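Working notes, beginning with the structure itself.
Chain lettering follows the listing: the opening sequence line is A, and each later line takes the next letter. Chain A uses the PDB entry numbers throughout; the residues present, in order, are 32-584. Following the PDB entry, chain B shows residues 32-584, kept in their order. In listed order, ligands and their atoms are each counted from 1. Note that these values count all heavy atoms, side chains included, but never hydrogens, waters or copies made by symmetry.
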Number of protein chains: 2
Amino acid sequence: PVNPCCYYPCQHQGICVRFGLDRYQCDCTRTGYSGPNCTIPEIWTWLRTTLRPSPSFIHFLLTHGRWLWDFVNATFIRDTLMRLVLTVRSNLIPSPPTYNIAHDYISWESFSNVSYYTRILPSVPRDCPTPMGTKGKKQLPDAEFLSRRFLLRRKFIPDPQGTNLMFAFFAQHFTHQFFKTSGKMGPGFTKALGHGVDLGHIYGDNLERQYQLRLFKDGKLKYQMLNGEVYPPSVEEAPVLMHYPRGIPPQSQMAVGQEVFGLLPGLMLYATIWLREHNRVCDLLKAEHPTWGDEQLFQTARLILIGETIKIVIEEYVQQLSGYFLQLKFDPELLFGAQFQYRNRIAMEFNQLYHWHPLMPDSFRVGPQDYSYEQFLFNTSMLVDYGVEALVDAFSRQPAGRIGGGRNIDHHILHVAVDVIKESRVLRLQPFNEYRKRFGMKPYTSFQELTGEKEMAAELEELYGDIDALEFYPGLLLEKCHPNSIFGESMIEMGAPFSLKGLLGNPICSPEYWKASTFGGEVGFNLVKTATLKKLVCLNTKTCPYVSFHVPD
Amino acid sequence: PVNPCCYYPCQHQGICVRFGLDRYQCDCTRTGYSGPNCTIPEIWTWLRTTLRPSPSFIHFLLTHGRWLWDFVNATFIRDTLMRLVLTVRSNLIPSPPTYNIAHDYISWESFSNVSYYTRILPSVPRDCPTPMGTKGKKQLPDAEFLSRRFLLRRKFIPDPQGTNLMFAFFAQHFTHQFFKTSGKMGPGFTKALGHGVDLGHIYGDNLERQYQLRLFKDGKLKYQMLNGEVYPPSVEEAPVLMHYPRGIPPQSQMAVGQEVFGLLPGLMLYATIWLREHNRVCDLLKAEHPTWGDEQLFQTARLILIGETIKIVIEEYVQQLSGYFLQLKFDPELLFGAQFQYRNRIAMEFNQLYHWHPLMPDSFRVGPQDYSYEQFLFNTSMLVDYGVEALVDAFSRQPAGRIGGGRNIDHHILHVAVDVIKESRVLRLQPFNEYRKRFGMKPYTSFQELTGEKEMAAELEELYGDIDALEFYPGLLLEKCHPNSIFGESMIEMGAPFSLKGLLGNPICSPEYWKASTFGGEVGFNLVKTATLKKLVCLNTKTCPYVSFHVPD
Ligand code: HEM
Ligand code: HEM
Ligand SMILES: *[C@@H]1O[C@H](CO)[C@@H](O[C@@H]2O[C@H](CO)[C@@H](O)[C@H](O)[C@H]2NC(C)=O)[C@H](O)[C@H]1NC(C)=O
Ligand SMILES: *[C@@H]1O[C@H](CO)[C@@H](O[C@@H]2O[C@H](CO)[C@@H](O)[C@H](O)[C@H]2NC(C)=O)[C@H](O)[C@H]1NC(C)=O
Ligand SMILES: *[C@@H]1O[C@H](CO)[C@@H](O[C@@H]2O[C@H](CO)[C@@H](O)[C@H](O)[C@H]2NC(C)=O)[C@H](O)[C@H]1NC(C)=O
Ligand SMILES: *[C@@H]1O[C@H](CO)[C@@H](O[C@@H]2O[C@H](CO)[C@@H](O)[C@H](O)[C@H]2NC(C)=O)[C@H](O)[C@H]1NC(C)=O
Ligand SMILES: Cc1cnc(NC(=O)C2=C(O)c3ccccc3S(=O)(=O)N2C)s1
Ligand SMILES: Cc1cnc(NC(=O)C2=C(O)c3ccccc3S(=O)(=O)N2C)s1
Ligand SMILES: *[C@@H]1O[C@H](CO)[C@@H](O)[C@H](O)[C@H]1NC(C)=O
Ligand SMILES: *[C@@H]1O[C@H](CO)[C@@H](O)[C@H](O)[C@H]1NC(C)=O
């Protein structure tokens, strides 16, 4: 007997449940629908859906008519839409979290064991005919061949939005505080138990690591002086597990919150920047609170930095990324009138989705120099040789690659993509179209409709056999881009909910935490409120380089 | 220079922050007040505070005019009031949690490290004149003397509400799933990382223990057959850490979710009850879903028992506790329209508050028999000798002591109270009056006013020296009861919010979880919705005893 749930019968987020030997029932509770498969809509649901403009139209709106938007932005409407934007997106994401790699059903273990990633759609049942459920072939396309054919970069395709490598290294650095898959526990498990913006890539995912990183004087982090400039300490002075290539001595390793940040100078750039910021904040705080001890200064500084990070990520990172003419605003108070849970759980689909490897260029231009991947990867002196100002200037001037559209991953790192697909198959992720429906979009009817061309569409059709068997991450990276945009609609409509749920779902964004007292007073509160990229860099440097998420022209 | 925060200057939940070398500022944000000490009310606050009757009045209302209430209970006014009460009560408890033993300010460590109990009020600063702040003597009254003088039971004072020992062991069993202070980490730390109704006192507070407890067949837990009856397995079959007296044979040690439950026959009684309920539920589940694996059966059964637990606690336990004519109701949907955080962090004050040892009698009568503490404590055969029915009936018939009033703790266990006071001094809890104010009550102006009598009042006045120096637990246990009640107004006004948050803050109460599919369909859902103590016991027994939370007429 075939598992009926393999047909994914229940629509509109209805929960398929197995009854008896060969029967199923759909839990249609609070879906807005009724019927055998949650297909019969209610009043307001029908009104809502029939009056819903397509995401493409909305995107068009947000990206055109600079007049209208320069007006809107200067009025309360900004907040209004923002709030709307806030309330509509977050709701897509189940909170408290639902399933994980072990349970395709709600369970107490799924809730209490934060060692798991969560998931939005349950896995493909193991007793299913084809790997992706019902459609497709007996064996999924070869991962390697797939990547080589459709994801491998031939000629470099720059991001049409002007995104630079400053953005890229910020994205990598930032996301690697909640994307930390456990190699010992395997796919579906994580070491970043903060499940959000806890800045564990600065202070460590665990207490002992944190303590080894701390000066325990004035709340500050350990550091070393080189050429008159502050840098992370060595593993010698801060005995912390760093993942370096063997043969490199603890004397030559720098210690930071994330074990892998030594493998790239952009990463260690951001570690350096945030370290300096932390200690500078500590200085402000101690100036304001002479009676405070090390602990309170450290903790408060950490809070301020979390606020600053959320503030900048929203008002500049996601800004640049979105290309919206609507000015995005970080203000927790907008949710103080809403039904919002301040908790976050990193999803596996979010992990898969954020593999923005096409961003990385062919080489790395630093001034008149051009360093290859071998020169750049695992380079242990570049940061110290050039300094922060220079690398920030350089990265901010060099453009990143377009994420969506296909054929734009440098061959040096294509293997990652391969592995992603493979992990997707171990994680038994549902097909792309299922996730499409899951985030409020119509499923595609053909590969042509996905790619917007015919060649790749034809060959993909050859490989998969059915569009309903197209895999999630391939689907994201091969989908046609919005006009002049950095990726397609799926990347946005799937990524945005996770993104803002993780940003605003942070406890500091709660009525309980969002106070001056929490940040040591008005000075800290303002540090959070007025945080920009430019300030974050220049306030901790001697000189001020070009600092921006986009190229200067 | 004296710490100004020692004077507790900040009013109405304002946050005192130490500025400069001898200054302070109050964070008055969203308190409803303004001014230096947050003493200047906003218009709506003022209005609200003028129209608000006292807690005693509300108590009178809830405890008089059975007619009016019998009308309200047959209407939607029940739901309206219940919702009112829910909102109002829950808004007192900070969510996300604020402070812990290490941190008297908001920190990321206090949010993320769930090994800590939380606290509503910060500790008395370590740089204060008197132990309680600025009032009282340099030394607190001797805990032992305090206990002997004001807590030692002379004559047994039965609870005027009709409470039995079935209730007492229920309260103990139930609350020991989230009260598990760490003997190794010390005061202010917990092993129950669940921080709520997770039923770890059945399944274990860690995964390893859980697995050792599980049959891994059909979702059930291991068990043993004695005299044709089902009991928890022996340690020999389920090798887990249980705290038994050295010398007791392993085949005489039953393995349950909570390590200390072998020390009392009441505890092991309830443990047995819940075990049988779990396996029975599994029978129902598997009958409904033959294709299900042991894991899914287990997890679903667990969630069902959690639901039944909150159901019974709210509609019968708390009902008997409060004595309200308002029939309380467990309905998560009452909160679907409001702003509520489905998370809980066990507060240390809640721990202290819930020390209801006066409930325990002088002896434990079982039918014609009457056992002593030396016969009842650590008795490892009593439960099997009498059986479930017999013990349930027995405990249901024998009365329990009144909690409030004073001088009603049996001398066998009085030491506990001593150790509590001591710990309250370790925890540096604020004085009774500060917590009174924190929970929307007016501070007591004398011990006279507190006790309602003159003897205890005068001696207490001599010992403490000032009313504003009266400690938390002493104030709770010595405060005059409501007319014919089991305790006074403080035990209710501080106990209610915590309890409330603990029950409804459970993620199963969430709109995300509160679906039939979560409980394996209509059947499981109905089990939760119609759960009953009477049913809990009699459905798993052979014969049906007297089972209730109050003595018969
Ligand atoms: C030279 C630049 C980069 C290199 C060498 C690199 C390499 C890698 C490698 C080797 C992994 C682990 C793969 C595995 O263990 O199978 C990884 C993971 C990942 N990378 Fe990249 N990457 C680069 C840039 C980026 C950028 C710019 C992003 C932007 C978001 C990114 C996103 C991710 C994500 C989301 C993961 C998953 C991490 C986890 O699951 O814990 N990478 N990368
Ligand atoms: C024969 C009956 C009882 C005995 C022998 C007993 C004994 C004890 C003992 C020895 C402790 C630990 C004290 C320490 O470690 O210093 C304790 C703690 C405690 N007791 Fe009882 N008790 C009894 C009844 C009850 C009841 C009916 C309740 C109902 C609420 C209760 C509530 C508590 C609580 C909440 C704790 C704190 C546990 C923790 O923080 O981990 N006790 N009791
Ligand atoms: C969270 O779940 C994981 C997965 O079950 C737990 O790790 C497992 O522990 C069991 C029993 O202790 C072992 O048999 C498995 O080998 C473990 N699995 C893996 C992949 O390591 C983990 O202990 C749980 N975490 C908590 C805090 O309970
Ligand atoms: C790491 O990067 C540094 C740059 O800081 C590289 O050093 C430069 O590389 C070439 C020499 O072959 C020239 O551009 C410069 O003369 C070097 N600059 C300095 C300051 O020495 C270095 O080659 C890289 N290291 C590795 C192992 O690739
Ligand atoms: C939660 O906090 C406690 C207290 O800080 C941690 O326990 C301490 O850990 C440090 C370093 O690991 C030790 O030096 C202390 O002796 C420990 N104190 C106690 C009382 O155990 C605990 O590890 C933290 N837990 C988590 C998960 O972070
Ligand atoms: C544990 O409780 C049992 C009851 O199950 C006690 O055994 C009974 O003791 C009384 C004495 O007061 C006798 O009259 C009964 O005949 C006994 N019943 C049985 C079945 O033996 C026992 O004394 C208690 N054990 C301890 C160590 O105190
Ligand atoms: C590929 C993407 C990853 N994350 C994206 N996020 C957004 O599109 C998005 C936000 O993340 C967000 C953050 C804070 C407030 C509001 C928004 S958003 O409207 O959901 N939007 C731009 S898009
Ligand atoms: C001494 C007390 C300990 N716990 C108490 N709880 C109540 O007074 C109380 C509840 O616990 C509660 C539970 C569920 C819904 C509503 C209520 S309540 O209104 O806060 N109330 C009776 S009183
Ligand atoms: C519901 O789904 C099942 C399986 O896909 C199908 O047999 C049935 O016809 C569907 N009914 C409706 C109304 O969509
Ligand atoms: C505020 O409280 C402090 C401490 O009790 C007191 O000294 C001060 O006079 C108060 N100020 C006002 C304006 O009430």
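Out of meloxicam, chloroquine, testosterone, ciprofloxacin, what sits at ligand 7 is meloxicam. This structure shows the largest set of contacts to meloxicam (ligand 7) coming from the chain UniProt labels Prostaglandin G/H synthase 1. Chains touching meloxicam (ligand 7) with a heavy atom below 4.0 Å, listed by letter, come to A.
Residues contacting meloxicam (ligand 7) within 4.0 Å (heavy-atom distance) are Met113(A), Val116(A), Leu117(A), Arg120(A), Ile345(A), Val349(A), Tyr355(A), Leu359(A), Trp387(A), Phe518(A), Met522(A), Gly526(A), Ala527(A), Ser530(A), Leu531(A). Among all UniProt-designated active-site residues of chain A, the one at the smallest non-hydrogen distance from meloxicam (ligand 7), rounded to 1 Å, is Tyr385(A), 4 Å. Of the protein's heavy atoms, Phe518(A) CZ, 3.3 Å lies nearest to atom 1 (C) of meloxicam (ligand 7). Here the heavy atom of the protein found nearest to atom 6 (N) of meloxicam (ligand 7) is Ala527(A) CA, 3.3 Å. Lab note: chain A, UniProt TM segments from N terminus, heavy atom under 4.0 Å from meloxicam (ligand 7) -> 4.
Scanning the protein heavy atoms around atom 22 (C) of meloxicam (ligand 7), the nearest turns out to be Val349(A) CG1, 3.4 Å. If you number the atoms of meloxicam (ligand 7) from 1 as listed, the ones under 4.0 Å from a heavy atom of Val116(A) come out as 19 (O).
Considering both main-chain and side-chain atoms, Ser530(A) comes within under 3.5 Å of meloxicam (ligand 7) through a nitrogen or oxygen pair. Remark: meloxicam (ligand 7) atoms within the under-4.0 Å shell around heavy atoms of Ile345(A) are 14 (C).
In the vicinity of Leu359(A), heavy-atom distances shorter than 4.0 Å reach the meloxicam (ligand 7) atoms 22 (C).
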